[PDB]
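So, a structure with progesterone in it.
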Amino acid sequence: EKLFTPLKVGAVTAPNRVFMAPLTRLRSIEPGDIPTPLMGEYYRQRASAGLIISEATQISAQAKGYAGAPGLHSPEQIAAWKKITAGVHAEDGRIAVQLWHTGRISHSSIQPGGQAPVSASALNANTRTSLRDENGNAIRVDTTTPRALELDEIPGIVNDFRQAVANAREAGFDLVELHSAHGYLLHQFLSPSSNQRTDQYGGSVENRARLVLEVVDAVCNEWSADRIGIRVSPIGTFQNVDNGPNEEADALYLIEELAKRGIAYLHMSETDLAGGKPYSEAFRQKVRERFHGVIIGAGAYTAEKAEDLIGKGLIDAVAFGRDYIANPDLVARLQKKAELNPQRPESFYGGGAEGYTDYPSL
Ligand SMILES: Cc1cc2nc3c(=O)[nH]c(=O)nc-3n(C[C@H](O)[C@H](O)[C@H](O)COP(=O)(O)O)c2cc1C
Ligand SMILES: CC(=O)[C@H]1CC[C@H]2[C@@H]3CCC4=CC(=O)CC[C@]4(C)[C@H]3CC[C@]12C
């Protein structure tokens, strides 16, 4: 089956098209937002993936929106991630780091100085984030109303993405994935629903896409375009962030701009976990004719759907999320048509080994 055939993805070659989606698990050490040996073990268990895309990782301390999410900005974080990439490479895997700034999906209590988080504009996300209680357990909390970034703060954001990509190179990641989806900072600028700015970073689609394209250019210049992927969720609503009244045209504009940079891949998150409308094959064809790198699809895929769309030439790979949580050897299971392990969603976020490294292989 095409699912188990190789694929060139920028600077690396995936041996199969079964990718591990980025999956926030909120198990990092605080203080310091530091990856752990347990996280290293979890990723090593999944190293047969065509590509592992890490959990979303902070570009800076300001980027933090969830207690337990790791960073890639401090020396201690870099040191810990080096162990994780080494372990994946020891098993002949490939790993990309997903890099985010959460923007307004955050809480003042985990921001520098205990201050309001930042965004394109000053309106509340009307979403929940996850903090930790006094015993270290994950709890759901309402997001804090953000402050609009000043114009003079925007270059610093771009620089933080640049620096985090430099750090990713040092840490031995194979690729980086920019988190431009799911209502986080880059998507907050992209969407008219979250961006009411009247300067060069809001209004028109060109203005709304300006920040993400500055970030893409900065990180391509820092490392290489064949090391850079981007995740978008440009059709539908994700965590209360829609894509405005011209979502298809605006998506195609962004994709045409991304193509000019010659980046490694475009990762399309197709639906929110709470549901959304399917992509049409016509839209997939419009994306395909505008982007000349790898296209990854995600969002409640089955192997059957993946094989269908890869066979139709519309996408190149599929990222599985929850099936990868529950099946470290998902590749082997799909190749052999074996049953999958049951999921335990109660242990997706926070905690320890249970519901993390205790899902068995065949
Ligand atoms: C526990 C959990 C954590 C997730 N964390 C992230 C994340 O860090 N970054 C991201 O872009 N998407 C994240 N997602 C979305 C997944 O990458 C993926 O889009 C989602 O799993 C839908 O696909 P599925 O039906 O294969 O699980 C997460 C999803 C879940 C279930
Ligand atoms: C509603 C709620 O409990 C929050 C707390 C942690 C949140 C998740 C944290 C990780 C995450 C990252 C993404 O990019 C998509 C949304 C998700 C998957 C979030 C969905 C909403 C969650 C589950």
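In order, the residues displayed for chain A correspond to 3-364 in the PDB entry numbering, which applies throughout. Note that these values count all heavy atoms, side chains included, but never hydrogens, waters or copies made by symmetry. Order of listing sets the numbers, starting from 1, for every ligand and every atom in it.
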* Asked: What are all the ligands or chains assigned to progesterone?
  -> ligand 2
* List the chief contact partner of progesterone in this entry, with the name from the PDB entry. => pentaerythritol tetranitrate reductase
* Which residues from other chains neighbour progesterone at a non-hydrogen distance under 4.0 Å? -> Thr26, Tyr68, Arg130, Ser132, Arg142, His181, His184, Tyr186, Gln241, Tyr351
* atom 6 (C) of progesterone - nearest protein heavy atom and its distance -> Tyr68 CE2, 3.7 Å
* Asked: Under 3.5 Å, N or O to N or O, is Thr131 touching progesterone that way?
  -> no
* Looking only at distances, please establish whether an N/O atom of progesterone is found under 3.5 Å from an N/O atom of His181. => yes
* Asked: Which progesterone atoms are under 4.0 Å away from a heavy-atom of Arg142?
  -> 1 (C), 2 (C), 3 (O)
Could you tell me, for progesterone, which of its N or O atoms are under 3.5 Å from any protein N or O, listing the pairs and their distances rounded to 0.1 Å?
from: progesterone; atom 1: 3 (O); to: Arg142; atom 2: NE; distance (Å): 2.8
from: progesterone; atom 1: 14 (O); to: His181; atom 2: NE2; distance (Å): 3.0
from: progesterone; atom 1: 14 (O); to: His184; atom 2: ND1; distance (Å): 2.9

